[PDB]
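Quick look: nitecapone on Catechol O-methyltransferase.
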Amino acid sequence: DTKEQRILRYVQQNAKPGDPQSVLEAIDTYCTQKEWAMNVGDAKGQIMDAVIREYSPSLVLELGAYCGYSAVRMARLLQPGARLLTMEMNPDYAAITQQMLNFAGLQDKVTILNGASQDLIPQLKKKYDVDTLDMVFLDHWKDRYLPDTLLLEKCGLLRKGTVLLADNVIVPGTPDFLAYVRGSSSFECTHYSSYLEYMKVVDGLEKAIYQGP
Ligand SMILES: C[S@@+](CC[C@H](N)C(=O)[O-])C[C@H]1O[C@@H](n2cnc3c(N)ncnc32)[C@H](O)[C@@H]1O
Ligand SMILES: CC(=O)C(=Cc1cc(O)c(O)c([N+](=O)[O-])c1)C(C)=O
Ligand SMILES: [Mg+2]
């Protein structure tokens with residue numbers, strides 16, 4: 001099997017069905033003790049929790065689902081009737097993510113879209129009945145953060161106050177995205193210093209709030 005199958009199996013055997021907190025704890029234990037994996041992790045996850053709680057977004061778009069750790073993290077804090085859309089182009093990972101959300105009991109709040117964000121974002125309004133997004137979590141391949149931010153803008157999916165929250169702006173780093181949003185009057189930016197998941201390596205999240213065109 002794969003590392004991602006092993007993470008899912010560990011959750012199934014070390015967490016409680018319908019208990020998202022125990023799912024997060026099981027993933028973080030497995031990835032600390034056994035196999036590193038690119039989940040946002042508990043240190044940066046706590047910052048995300050604080051952001052989600054501050055904004056109480058009704059519609060969140062996640063770019064990059066992997067095994068479902070950040071989808072579980074965010075969906076467990078969504079208010080009743082709020083929703084998360086998560087885009088994941090790797091079908092093996094999308095299948096793991098669905099099973100992770102099912103185990104956590106959060107599947108009614110999350111819709112997985114299997115495809116590439118650059119192909120799916122232009123379809124959100126017509127095919128997925130989106131007006132504008134309240135919050136976007138960018139955590140896919142780092143060279144896509146800037147192109148997809150610009151694409152979300154072009155597609156009319158950002159409104160004044162939409163929160164963009166970007167993982168890994170230090171490691172691996174997203175230099176063009178970071179320079180662009182920090183230099184742009186269309187975004188108000190804040191940096192949240194933290195640590196790379198499961199490692200004593202400095203990383204950080206960037207929050208970029210859209211200000212309109
Ligand atoms: C860092 S992992 C996501 C981790 C997840 N957000 C978490 O914290 O649990 C990055 C993911 O982005 C996916 N990916 C990369 N480029 C993508 C794209 N253009 N569209 C959709 N998914 C993409 C990869 O297949 C991978 O699963
Ligand atoms: C390239 C890679 O795998 C590494 C970290 C990483 C961490 C993330 O949090 C993340 O989202 C992504 N990503 O490529 O999407 C990657 C390292 C340290 O090698
Ligand atoms: Mg990441």
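Residue numbers run from 1 in the order of the sequence given. Scope of the values below: all heavy atoms of this structure, side chains included, with no hydrogens, waters or symmetry mates. Remember, it's 1-based here, ligands and their atoms both numbered in the order they're listed.
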Which components of the model should be assigned to nitecapone?
ligand 2
Using 4.0 Å as the heavy-atom cut-off, which UniProt S-adenosyl-L-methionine-binding residues of chain A are near nitecapone?
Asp139
Which protein non-hydrogen atom lies closest to atom 18 (C) of nitecapone, naming both residue and atom, and how far is it?
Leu196 CD2, 4.2 Å
Could you identify the single nearest non-hydrogen protein atom to atom 10 (C) of nitecapone and state the distance to 0.1 Å?
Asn168 OD1, 3.2 Å
Contact partition for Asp167 relative to nitecapone, non-hydrogen atoms under 4.0 Å:
side chain
Tell me, please: is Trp36 in heavy-atom contact with nitecapone, that is, under 4.0 Å?
yes
Please list the nearest protein heavy atom to atom 15 (O) of nitecapone with its residue and the distance rounded to 0.1 Å.
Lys142 NZ, 3.2 Å
UniProt Mg(2+)-binding residues in chain A with a heavy atom under 4.0 Å from nitecapone?
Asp139, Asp167, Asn168
Within the displayed structure, which other ligands or ions place at least one atom under 4.0 Å away from nitecapone?
ligand 1 (S-adenosylmethionine), ligand 3 (magnesium ion)
Considering only heavy atoms, which of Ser70, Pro172, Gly64 lies nearest to atom 6 (C) of nitecapone?
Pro172
Which part of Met199 is near nitecapone, with near meaning a heavy atom under 4.0 Å away: side chain, backbone, both or neither?
neither
Going by the closest heavy atom to atom 8 (C) of nitecapone, which one wins out of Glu197, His140, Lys44, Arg144?
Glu197
Which residues make up the contact shell of nitecapone at 4.0 Å, heavy atoms only?
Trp36, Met38, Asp139, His140, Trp141, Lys142, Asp167, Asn168, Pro172, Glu197
